[PDB]
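Structure note - tranexamic acid present.
Using the PDB entry numbers, chain A covers 6-239, in order. Order of listing sets the numbers, starting from 1, for every ligand and every atom in it. Note that these values count all heavy atoms, side chains included, but never hydrogens, waters or copies made by symmetry. Determination method: X-ray crystallography, 1.8 Å.
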Amino acid sequence: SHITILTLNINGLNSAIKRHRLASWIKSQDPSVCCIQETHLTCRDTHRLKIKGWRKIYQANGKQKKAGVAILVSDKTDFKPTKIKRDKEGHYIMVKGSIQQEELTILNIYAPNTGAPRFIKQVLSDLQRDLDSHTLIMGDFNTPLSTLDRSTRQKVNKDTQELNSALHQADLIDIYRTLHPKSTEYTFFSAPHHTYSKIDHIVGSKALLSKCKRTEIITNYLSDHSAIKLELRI
Ligand SMILES: NC[C@H]1CC[C@H](C(=O)O)CC1
């Protein structure tokens, strides 16, 4: 009745060397479900991503070696998919399914560097029909959601404020920030002027809060992004 969901922008998987490296890290972390961003695999190279122990994999890829997302499910986890929706451009993938008769919807997103919060709000609208009370939206938003997400505590811009409102209209909350309202933890440590920011996020339905046992930010040597882990009581 416990599953862990892990998100990491992996910064490219095209080379077999990097794929082998990612696989070892996953084996260690032993997540039930893993959301990866920036695989950079074109839609004709998706078959390249194989990780022993995580046979169920769902990918979304554009026509070029940029963006690219994947959701990997552990062989030990009974996830039964019912709907998969893939971005033509490789910036998100949504998987709906059930674990032990419990519905879960996972939207893995990689937002672009330019116009990130507007882009996420658009995807929310495009998929408004697919969001529900058991929805997790995780990945590299390429934007803070509040001042505490930046070591500078710079006010978030109007667009971000709009994204935050669209999220609340759908009864979606920043799950990390809700469990850790005062924390100053970061996932990207090369922000502009020697600054740090939390641009990776785990957002989710308010009704999932009762199931959230723990979150953990996992700094690593694989990527220029730290991973985020969520422990969920199914
Ligand atoms: N690499 C882009 C990333 C830099 C931090 C920035 C911020 O803190 O607003 C937004 C996203």
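The macromolecule with the greatest number of heavy-atom pairs within 4.5 Å of tranexamic acid (ligand 1) is, in the PDB entry, named LINE-1 retrotransposon endonuclease. Residue contacts with tranexamic acid (ligand 1): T148 is placed with no nitrogen or oxygen under 3.5 Å of a nitrogen or oxygen of the ligand (distance criterion only). Shown in contact with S202 at under 4.0 Å from a heavy atom are these atoms of tranexamic acid (ligand 1), numbered in order with element: 5 (C), 8 (O).
Distances from atom 10 (C) of tranexamic acid (ligand 1) to the heavy atoms of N147, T157, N14 put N147 nearest. Near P149, meaning under 4.0 Å from one of its heavy atoms, tranexamic acid (ligand 1) places the atoms 7 (C), 8 (O), 9 (O). Taking a cut-off of under 4.0 Å to the non-hydrogen atoms of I204, the atoms of tranexamic acid (ligand 1) that pass are 3 (C), 11 (C).
The entry attributes the source of chain A to Homo sapiens.
With respect to atom 8 (O) of tranexamic acid (ligand 1), the closest heavy atom belonging to the protein is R155 NE, 3.1 Å. Other-chain residues and nucleotides with a heavy atom under 4.0 Å from tranexamic acid (ligand 1) are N118, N147, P149, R155, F193, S202, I204.
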